[PDB]
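Opening notes on Bestatin bound to Aminopeptidase N.
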Amino acid sequence: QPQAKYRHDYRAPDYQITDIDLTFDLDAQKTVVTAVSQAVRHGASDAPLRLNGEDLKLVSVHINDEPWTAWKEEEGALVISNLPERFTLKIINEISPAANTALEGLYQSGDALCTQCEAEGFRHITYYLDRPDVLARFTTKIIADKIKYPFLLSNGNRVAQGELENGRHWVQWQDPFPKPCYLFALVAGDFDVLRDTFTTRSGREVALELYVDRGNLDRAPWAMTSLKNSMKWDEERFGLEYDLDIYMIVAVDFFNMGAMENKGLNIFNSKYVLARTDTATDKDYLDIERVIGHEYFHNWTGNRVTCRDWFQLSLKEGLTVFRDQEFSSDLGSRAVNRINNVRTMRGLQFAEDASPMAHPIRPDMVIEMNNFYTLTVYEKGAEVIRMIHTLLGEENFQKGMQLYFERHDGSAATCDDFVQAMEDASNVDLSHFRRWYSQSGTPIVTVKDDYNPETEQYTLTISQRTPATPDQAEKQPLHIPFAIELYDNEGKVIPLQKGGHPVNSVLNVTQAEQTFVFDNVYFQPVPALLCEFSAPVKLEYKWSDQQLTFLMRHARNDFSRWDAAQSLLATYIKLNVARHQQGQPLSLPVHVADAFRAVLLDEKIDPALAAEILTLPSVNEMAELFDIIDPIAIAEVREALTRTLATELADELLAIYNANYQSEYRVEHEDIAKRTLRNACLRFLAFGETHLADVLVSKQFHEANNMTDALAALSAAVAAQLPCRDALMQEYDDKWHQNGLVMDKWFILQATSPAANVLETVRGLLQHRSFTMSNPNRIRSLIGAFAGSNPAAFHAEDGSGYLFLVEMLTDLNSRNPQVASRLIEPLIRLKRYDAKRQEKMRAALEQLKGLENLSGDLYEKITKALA
Ligand SMILES: CC(C)C[C@H](NC(=O)[C@@H](O)[C@H](N)Cc1ccccc1)C(=O)O
Ligand SMILES: [Zn+2]
């Protein structure tokens, strides 16, 4: 297995390549690549040029057209010795796109040929300096059969084109912007193309082109609209304009991730492009908006300024995720977006930070870089950027962005460079703050308060600590922006002050323990703590149920109201899981049910907020409330809680469900909010009197005039195991079996079903007409959903879930390591479960560990999980 690489070993390259001219003689079985690079030595004169290469058939090596004899091929490299200070390197090699099942480098997607080069896929195309601090100007000539590949695309603009004998043709592209090879892209195939235009604020007219498989034009307008929305927003919010003449996006069916920001030629998983009202849900529309925007935002945060090395991945991913969240939030509901992102942080990222794979947002050790496009690097990375925004304020934050681009435009930078730019532009000291980049694990912030009537002072005693993680035995206090707000008994905000001077609501929690005193607090306050999730930490405060219901009705920020409800539910989710383990039924105080009844009947509350408060935490969110996870107890308690609320709020739920009916379907935020609330109510109504529920659900499925409402009904039928379930599921299959993206929703429902025979059903679906092990989307929607989204079934006491996953991973380890690595994650969490389960999970991991040709992707995770 390959050795681990460490951030502290970074060293500038001995050679730089300033320009590269590529020529591809394209063919699915045998592609011939000719690469002419202009190299310049920067290191010692006796240093050899070390080129990275994987699975390449070397044809020849020339230096200034002279056949070179001073070279040697070694594991993953071509080492060239005795070179001039400046020279022209010419490499000719062959590759086989059709044989590329890992989908890394140049591969085949259906009948099209396309690429994926990040993190290190370009080395699978030709021998090169496959490191992001080497920026070269690319020129790409593509030669191919005209009938099979009428469209030949690469980064930049077309500078040449011609016809050849034997029905072949070629096109040459030039991208003026120097770039690391991970941003290189090539696409060849036959597509339908949606063309539009966007005029920047300064007048630059940009040609927009969206390439989709023939017959998919009816699902392309929303993505195009989202691209234009993204371009406009970046101008308005960040003052950034697109910098090229054309913007191409190609939607492909076979892609390991969601999308890729290749300069001027983004390549997208079709899941994040294709949408029409009968195939896509409101969520799909908003996800397409998010991803289209995300990759577009990389044009500046990632492309114009790239990464010095891969340990600096968060420099572009954390910042770009922050940007896509601000984009979504500005255009839609900021409260809903913040709530959703906090659910991801608390329910998924915290779990990772408490797992064997824990790492700082800026990793120190990496074996397989593809294993580091994580919730930590992305989501926590964004939370760190957001904390900088919280500490600086929008104005100074933008000044920091401006200085960052001024200093690093056209180069590869580091996380430290970014922080320095923010510090220098704002004059805000971020020296202590920097620890957020080096320390893994989730900080735990404990708060104790006291109200002194004699002095009319409110005191907060705040403590912090980060438990040790398997990767770091030493932990230190962080600079935690801790936002608060105090309310009097009328729900009015109490001015924060001390010694006659106002105090900022964002407290600087920088020590292991500290006190914060506020005077002129005339009456005992109810505090709102860690407002808007001001820092990615776990809050420990002894809330009374009344303080929480008070906040649910009076908190100024909608997020606080949702957050208070989560704290209220946590107490009873924990209470009932303990009861479940002792064979006792659900117990819930009347005043708790009343709090949710109040939310339903509050006419002043935003439907968007009400919908989220009425959406119970997922089983994965619930799992984080426990030291030792009991997946079956959690799943059954979640259903029991749903049933109890459905019974206690039956009339109110139906009233709100009916009140939010909308005849017209619009992908507009106000409409989406009402529909989300209506369907939130439907989830509960599905657990009402069987016949009543069955009729209501089947009715919505059949009368729905959009996929959002149809899927909501189908999901409810499956969740409540209603009589109509089998009929509706078969009807969906018969109508959509030919559409993979649509069937993925169906596979997810089958995989996350509460039915006793779910595994048997999932295994059988491996033979379904709409499923195929060759497609990452299908794999993740069926197998991934089962293992990661149905922990109750995956963790069946008999161990059947683990055995099934081992079978699937034995296949995927050889076929597609990246997808295999995404799928093994559930097994890596073994220490969070009981002894019996740990034993079975360890056995499963040991079996995988002994696999012939074990991929580095899995090796890295298996090793840490078995430690
Ligand atoms: C909206 C985005 C956060 C979705 C996300 N895509 C990205 O982050 C891209 O900008 C990544 N740069 C693409 C990528 C992902 C994984 C490994 C190598 C390369 C993805 O999941 O593909
Ligand atoms: Zn990204």
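Numbers in chain A come straight from the PDB entry, and the residues shown are 4-870, in order. What's counted below: heavy atoms across the whole structure, side chains too, no hydrogens, waters or symmetry copies. Atoms within each ligand, like the ligands themselves, are counted from 1 in listed order.
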Item checked: Components assigned to Bestatin -> ligand 1
Next item on the list: Only heavy atoms count here, so choose which of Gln119, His297, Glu107 is nearest to atom 3 (C) of Bestatin.
Entry: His297
Check: So which of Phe375, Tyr376, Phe300, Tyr381 gets nearest to atom 11 (C) of Bestatin, if we judge by its closest heavy atom?
Finding: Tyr381
Notebook entry, point to check: Using 4.0 Å as the heavy-atom cut-off, which UniProt substrate-binding residues of chain A are near Bestatin?
Noted result: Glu121, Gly261, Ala262, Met263, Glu264
Margin query: Mind telling me which other ligands or ions are less than 4.0 Å from Bestatin?
Written below: ligand 2 (zinc ion)
Checklist line | Bestatin-proximal atoms of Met260, by part, heavy-atom distance under 4.0 Å | finding: both
Check: Should you measure from each heavy atom of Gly261, which atoms of Bestatin turn up under 4.0 Å away?
Finding: 20 (C), 21 (O), 22 (O)
Item checked: UniProt active-site proximity: Bestatin and chain A (heavy atoms, 1 Å) -> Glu298, 3 Å
Margin query: I'm comparing Bestatin with the native Zn(2+) site: which UniProt-listed binding residues in chain A have a heavy atom within 4.0 Å of it?
Written below: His297, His301, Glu320
Notebook entry, point to check: Side chain, backbone, both or neither: which part of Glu121 comes within less than 4.0 Å of Bestatin when only heavy atoms are counted?
Noted result: both
Checklist line | Bestatin: binding-site residues, heavy-atom cut-off 4.0 Å | finding: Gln119, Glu121, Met260, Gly261, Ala262, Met263, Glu264, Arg293, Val294, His297, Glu298, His301, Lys319, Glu320, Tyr376, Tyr381
